[PDB]
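Notes to accompany the following structure.
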Amino acid sequence: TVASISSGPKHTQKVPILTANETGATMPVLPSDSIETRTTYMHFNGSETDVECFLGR
Amino acid sequence: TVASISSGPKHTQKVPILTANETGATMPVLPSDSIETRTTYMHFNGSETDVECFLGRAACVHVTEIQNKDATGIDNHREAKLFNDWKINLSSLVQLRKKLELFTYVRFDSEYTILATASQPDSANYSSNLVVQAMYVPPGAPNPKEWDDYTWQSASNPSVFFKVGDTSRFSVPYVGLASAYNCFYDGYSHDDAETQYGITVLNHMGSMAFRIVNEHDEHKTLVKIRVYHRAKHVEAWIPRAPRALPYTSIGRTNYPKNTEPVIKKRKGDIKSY
Amino acid sequence: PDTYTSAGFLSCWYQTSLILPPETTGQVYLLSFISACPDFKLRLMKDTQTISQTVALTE
Amino acid sequence: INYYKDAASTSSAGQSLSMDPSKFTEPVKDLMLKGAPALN
Amino acid sequence: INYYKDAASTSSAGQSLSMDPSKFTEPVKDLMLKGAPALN
Amino acid sequence: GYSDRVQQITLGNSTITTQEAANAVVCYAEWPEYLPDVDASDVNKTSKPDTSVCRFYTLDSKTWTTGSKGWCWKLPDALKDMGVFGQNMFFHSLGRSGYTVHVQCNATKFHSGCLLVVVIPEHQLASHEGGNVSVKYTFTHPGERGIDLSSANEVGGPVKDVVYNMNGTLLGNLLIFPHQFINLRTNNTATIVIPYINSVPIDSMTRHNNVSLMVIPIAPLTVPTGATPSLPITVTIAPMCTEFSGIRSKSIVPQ
Amino acid sequence: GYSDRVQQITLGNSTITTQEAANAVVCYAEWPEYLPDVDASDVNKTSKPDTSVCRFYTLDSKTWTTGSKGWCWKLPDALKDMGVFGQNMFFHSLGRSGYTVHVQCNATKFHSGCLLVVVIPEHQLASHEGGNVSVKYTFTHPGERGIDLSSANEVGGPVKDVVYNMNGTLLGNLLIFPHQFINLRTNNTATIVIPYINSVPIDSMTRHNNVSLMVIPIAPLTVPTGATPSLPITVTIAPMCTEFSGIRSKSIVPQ
Amino acid sequence: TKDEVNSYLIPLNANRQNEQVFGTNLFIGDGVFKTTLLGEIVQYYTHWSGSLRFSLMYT
Ligand SMILES: Cc1cc(CCCCCOc2c(Cl)cc(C3=NCCO3)cc2Cl)on1
């Protein structure tokens, strides 16, 4: 799984960082929408935040 | 496997025993390069020198003590040993320390065994049966102030309840921040001019807290806790020179002043046997 | 909060400046939100400093 | 191996490995595409 | 047989049976052959 | 006619020639390489100045005399002020690097003396005070000057006792670390290639030094009769495969 | 729903969003690119710091008032002190770069005013003295401050007369240079991409500026009634495709 | 000085130039962040890693 993909300079008409929060959504913006990133992998599953785990001790 | 091959007289232009140590290599010279040998087999694998084996037996890492007594009128439970803590560290005791410091970075799961025995140094009718409660307060967790706090509820904190005289055992994954535990660290927390130096700044994984669940009987009971640690699934990188001088502190390399010569002086000459 | 492990600072400044239309006055406000990216990992559960108690609750 | 007959007696469940934040993060009626204008 | 779910809970690991001292005993850039002269 | 003995290292816009080498050591048999994605964590693209940072900087020279105890430099500290390497260093949040170290000391066939040149990964120093006294920052960041083991104890500084490696271990066992000797009779330089060694993929270049280079006279310098009793030792070091990441405002560090 | 109007430029670790753009100009219809071998002369491998130099630096802000005559910045001068761009600049013998220039000025639908934003390749200034008086170095290297055309003549400085472009040509014809207007009623930013334009493949970054960016009020600022009579103008500029070559000691320049 | 709806509002002043609107460190488990849902959950765990999304809505 990639945690971040590689992304480079941008000069577009397509701006993912401008939104309207009045709508009630949290738009899924990522580091790679606003800086230049390199690939990295997650190495993690989110196992210990499962509700079974959270309420299970 | 052969430990030595058979080899006979030599009169060559090819001399394996002359080398240049300035290069930094240790050339792999064998008995058969300089005497006449006979075949012999190894009969041995080097099993018990594997690092998993070397670091894999339980070592005592900590001895603490708590007492069961009437807390009535005690203004500071922590201070009355109504309950104590051990700010998790493996540098306390030096037996296991020297072994670990043979490497720079080390990675392993831990298996803890906790033995608890009771003592009744002054007149008691009997020996009571107490139940110990060991809870690991992760850093950033409500620290027990009292001995029957709300913290002891440990609803999200892994805790174990066992009887005095008995032993408790469990194992923990490697909870290191990095890819491995730093046995040494030549750096600081941040670019300060007074900030501490060493690993004592890197190894901040909270502390363990013990206490006796039972209320107080008429006499007082001393319970002494011994924590044992066994590394399992060991991985070690970059060997270093063994520790020669005595240790003075958890987490610093410092040795004591006016220490004694560590190399044994000859009783005789260089020429002596 | 821990030093070695610290993450930085966040600041905000006028790039040019706020300009109100005529017939208008005073301060305007920004609302600010925080949420985690899908990137995020949390591990090693423990107890929160955010809640405590001194006696058991009754009905 | 379950040693007991009733389901309540089995150990903890196993990770949902479900995970879908959109019911919480994007409950909007008309779909919003990242990059397209929020309000048209 | 593992009785437990997590990997940390398994017993000790089993012998590397890896063993390669050359990273420590011969980290030289140009390979040295035993028997050939050290410095040419 | 290639000898182990003559060598040329060209790195960037700078070249070194030695006509009296004794092979070269590559720490742990690994050559410096950039940071692979599979090992990456920070999502930032990194900056690789290449030839402007990966060239040879020659630190100021030392003087070996019959009384010398040895000198110690820390990396990347020693280079904190060299050209653009240094700027990059103070300006990014994180950086990573390997090095080629070339230590030089020539004499004549009548001199004797032998230096140990060793690289120690994570050399945490000891306070000469004992107990749990710390070693202040400035003291472990001598810069190009390095630490002079025959200088006096100072307050907040490290201990400078040679037979204990500045940490409670014996001089004799330093040989377990990548090292090479300079024996006037054999050798005139020592060269060690250092791959990046850390427990994290990239780190801060200012709060943590990841190797100390140490040059220690072991067989005392002995000059021919009525020769001047000393020789200079020069250290030239080149960052290699350097990468910087997390650019910003420019660190301010004590002193 | 894409408009010519909203835009995002992400370059390095910095991003700009405009919700009121008027397209963008790319000088001479060419986009910045690195130096091809077929065009190369110096044999040195060049250094391409990439993301550490190719990000957006925002110069200090100006204040447009009813009396403003216009401001002038020179490149690469204006950036001579920005982060690692600047260091690289003083440390290499030669360097080359293109830029993205983003000029910002917002107001309200009651204001009026119109700025010309123009890039002039090789803008050789005139001495206000006439004859063959030269314009001293310092005067043509104002740094981030730029030149303020409504400041007074100084000695050894350039002339600051606007209807003559600081060189004997009329303001009206500046439109032959890549340019864009900021008309409060339309526009709130101007963006120009500048490819590297020179008669040599790479040059010195300190003895020669290769473009002047000029922002000139043309229709005077007119604020609504009882509004404060002024607006700030901000200039943010990002080097793009930068390459440095011939590294060494670090130039020392007048003043 | 007492919790109020007003500590959610970052004020902005018309006509200021060059100046600073707000500042904060990023200790997500403490300080401003601490009572937010993110802050509040982070506190059930010991370690965190990942990207954060900080947005500002203008009013
Ligand atoms: C190096 C190095 C390695 C370690 C070990 C760190 C210990 C990590 C935390 O370990 C524990 C966990 Cl996860 C749980 C418990 C525990 N749970 C119930 C009772 O005790 C105790 C410990 Cl020490 O320290 N320095």
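To find a chain, count down the sequence lines: A is the first, B the second, and so on, and within it residues start at 1. Just so you know, these numbers use all the heavy atoms, side chains as well, and skip hydrogens, waters and symmetry mates. Be aware that this covers only part of the deposited structure, with contacts counted strictly within it. Each ligand, and each atom within it, is numbered from 1 in the order the structure gives.
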Problem - Chief binding partner for ligand 1 by contacts (from UniProt) - result: Capsid protein VP1
Exercise for the section: Provide the name, as given in the PDB, of the drug at ligand 1. Expected result: WIN 54954
Handout entry: Other-chain heavy-atom contacts under 4.0 Å with WIN 54954 (ligand 1)
Key = B
Problem - Heavy-atom contacts of WIN 54954 (ligand 1) within 4.0 Å - result: B/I88, B/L90, B/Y112, B/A134, B/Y136, B/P158, B/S159, B/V160, B/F170, B/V172, B/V175, B/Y181, B/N203, B/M205, B/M208
